Every structure is written in structure tokens, then in C-alpha cells.
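Figure: vorinostat in its bound pose on Histone deacetylase 2.
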Amino acid sequence: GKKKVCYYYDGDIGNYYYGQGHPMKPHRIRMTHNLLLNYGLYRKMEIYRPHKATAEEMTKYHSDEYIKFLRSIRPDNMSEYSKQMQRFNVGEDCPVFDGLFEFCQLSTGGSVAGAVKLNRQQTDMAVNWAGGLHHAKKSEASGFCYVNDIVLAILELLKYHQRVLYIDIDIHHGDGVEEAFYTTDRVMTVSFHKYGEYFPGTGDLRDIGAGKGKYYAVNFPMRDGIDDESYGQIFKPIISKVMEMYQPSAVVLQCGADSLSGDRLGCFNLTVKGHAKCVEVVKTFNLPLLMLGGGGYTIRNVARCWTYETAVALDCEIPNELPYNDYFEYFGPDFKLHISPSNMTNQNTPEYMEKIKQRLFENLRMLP
Ligand SMILES: O=C(CCCCCCC(=O)Nc1ccccc1)NO
Ligand SMILES: [Ca+2]
Ligand code: NA
Ligand SMILES: [Zn+2]
């Protein structure tokens, strides 16, 4: 049936600035919010302002030393932390910016609050577009991510759920999440990503987990230019097999929008409909679902993607003609919600797609 959706957003989020030339723009979360408000989606869901996650919350995963450094580091005292910055990988991809810790606290707070809401059985779905920062490690920032809100949200879910399924549709491999749960069968991690001389360099299909976690990490490595047809060819069959074999009681879906056509950093060719079909596929399983953000660098397309995926979560049809909004000029020259794929070559042949799927199916046969 139609589901109860709780959505997390803090109006301050859009003001956090990574710095001149940095592609990660928290402003895209505000654009997403303003667009979905203008479509009238607030009438169908509960809108919550997340709390600022504390150090006690963050240290359920991250080390005390790393969190203390994030809590202390500022552009004014940077010069006194040169060594600490190199140790925790802060300074280039993961810059020090005003309000960095507070940005982490709000990104994390939405994911953790959403997980609590699902655990209490007070919502069917929880949405946190400021979350999904999949690369952060126990004691290290990485790929524009500092605090792993996903790992913290899954640890919250594990209090009430024996098995939690994690699915990652961002163009980049969900390394941080896969790493945290690599040796456990209590979380199965499933990542679809561009692989081969691409950030972060991990997610080979041969990386399948270790110890009790062997066969509980799934990687689908892809080439440049994947399209809606090819993605759709494998996503439903793989998720269906995962659901059948793994039988999770809760799901976390990372919806990184950098897998869309025309992304500033991405090299895929999905449309918003192709991306959102993933949400529709996961939705059909009727399991408690936490939907998260992630990458996404062509901000107009990020706002379109996450607005449509919120409408999909709500089973609410919305017009293709964009309503007026505070960022209306960003959506030109068309002013439409949906996007067209580019003429880029799809390097993922149908044979390649079927072969990787068959290899992953062999691995899934190894589950109890
Ligand atoms: O989307 C991501 C993170 C991608 C991180 C890519 C790191 C390399 C990079 O492009 N860094 C960079 C570029 C311009 C300015 C500063 C850093 N994960 O899902
Ligand atoms: Ca991914
Ligand atoms: Na695992
Ligand atoms: Zn990404």
C-alpha cells in the first residue's frame, strides 16, 4: 500500500561551504527541499528537523581521537594541526571549512533519527538527503565524507534487526560501509559502481567479505556510460535474489545522484527515471527503508533526482513541468523535472552485464 514517510532536513544545511572550486555543494540539499516544497510534497509527509548528533553518537563507530579532532579543527587553528590533518585525511578532498563539525552533526542526526523512527515502527520510510556519506572510515575522512552517517544508522537498526541490507547506487563504491561490516553476516552490503582507475579504487566483484562476512559483500563493477536499460537489466534481478537469499528485516538505500547523465564528476548515463526505478524496486519489498543522499555534482540534476525519489517514496505522481521555486533559473533551458540521456557510448555491453550478474548469482547461492 502507500507508506508513511518521515523526512529530515535542517534549513541551515545549504549554508555549509566546502570552499572555492570544491564540487561538493550542500546548497543542492536546500534546492531539493525548496523544489519538493513547491511540488506540495510536504502535504503528504512528516518533516522533521534532525538533532545535531553528539560525540557519544558518532563514537558508536568512529574513534574518540578522530571525533575530538573534527570537534576541534577550524580554518583559524588549521596551521597548528598540520600533522593531525594528514593523519585523518583532512585537507584536499575533505577540507576544513567553517561549521564542518556542525555539518557532520546534521548529516548524521538525520540518518540516526530516521533509523530510530523505523525501529520504533513509527514510519515505513525515513528520508535524509543530507546523509549517505559512504566513504568515511573509523578514523579517517575520505571522498568529501567525514562522519559515516550510514554506518551509524545501520548500527542503530541492528539494535532491533538481526539482518540489515545496504544498497548503494552512487557512482562510487560504498567502501566505508562495506569496510565497517566486512566481517559480519548481520549486514549485507551491495554496491553498483564505476570501477577501473576511479575513486576510491575498491569494489572489485572478487571482494566478497571475510570470516563470518564471506558472501555478505556484493560488488557490481561497471564501465563508463551505463544507461537506464542496462541498469534496469541487472538491478531488479540482483536485489530480488539478495532479498530471497538474505531475508533482511530493514533496508538502507544510498541514492547518490552522481550516477546520473551529465554529472560533473560522474561518467554514467542514467536519467532520473532510471535512477528512481531503483527506489521503486526496493519499495516493493515492503521493508522498513532508510533512503539517503550521497554524491551528485550537477546540482540542478541532484535536486530533480531527490525531489522525484521523494515523490516515488510517497507514491505521489508529480508533473514534469517544474513548479516555480527559489532556484527556478538553475533548471533552464527546459524547466522540466526529467532529464535526457547523453549520446555517450555505453561501455557496458549487454554480455558484460549478464556475465557479472551470473557471477554474483553464484556467490549468492553460497548463502545458508
Ligand atoms: O561522490 C563521491 C566522492 C568523489 C570524490 C572524488 C575525489 C577526487 C576529486 O575529484 N577531488 C576534488 C576535486 C576538485 C576539488 C577538490 C577535490 N563519493 O560517492
Ligand atoms: Ca555505489
Ligand atoms: Na557484511
Ligand atoms: Zn559518488
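Residue indices begin at 1 and follow the sequence shown. One-based numbering, in listed order, for ligands and for the atoms of each.
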**OP:** Indicate which ligands or chains correspond to vorinostat.
**Re:** ligand 1
Original post:
In chain A, which residues that UniProt lists for Ca(2+) binding have any heavy atom less than 4.0 Å from vorinostat?
Top reply: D170, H172
**OP:** Using a strict cut-off of 4.0 Å, indicate which atoms of vorinostat neighbour a heavy atom of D258.
**Re:** 1 (O), 2 (C), 19 (O)
Original post:
Which heavy atom of the protein is the closest neighbour of atom 17 (C) of vorinostat, given with residue, atom name and distance?
Top reply: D93 OD1, 3.3 Å
**OP:** Please provide the UniProt active-site residue in chain A nearest to vorinostat and the shortest heavy-atom distance, rounded to 1 Å.
**Re:** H135, 3 Å
Original post:
Can you tell me which residue and heavy atom of the protein come closest to atom 15 (C) of vorinostat, and the distance to 0.1 Å?
Top reply: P23 CD, 3.6 Å
Original post:
Among the UniProt-annotated Zn(2+)-binding residues of chain A, which have any heavy atom closer than 4.0 Å to vorinostat?
Top reply: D170, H172, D258
Original post:
If you count the atoms of vorinostat from 1 in the order shown, which ones are under 4.0 Å from a heavy atom of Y297?
Top reply: 1 (O), 2 (C), 3 (C)
Original post:
Can you find an N or O of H135 that's nearer than 3.5 Å to an N or O of vorinostat?
Top reply: yes
**OP:** Taking only heavy atoms of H134 into account, list the atoms of vorinostat that are under 4.0 Å away from them.
**Re:** 18 (N), 19 (O)
Original post:
Mind checking whether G294 has a heavy atom under 4.0 Å from vorinostat?
Top reply: no
Original post:
Out of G143, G296, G174, who gets a non-hydrogen atom closest to atom 3 (C) of vorinostat?
Top reply: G143
**OP:** Could you tell me whether some N/O pair between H172 and vorinostat is separated by less than 3.5 angstrom?
**Re:** yes
Subject >> vorinostat: other ligands or ions under 4.0 Å >> reply: ligand 4 (zinc ion)
**OP:** Provide, to 0.1 Å, the distance between atom 16 (C) of vorinostat and the closest protein heavy atom, together with that atom's residue and name.
**Re:** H22 CD2, 3.9 Å
**OP:** Name the residues that contact vorinostat at heavy-atom distances below 4.0 Å.
**Re:** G21, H22, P23, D93, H134, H135, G143, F144, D170, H172, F199, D258, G295, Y297
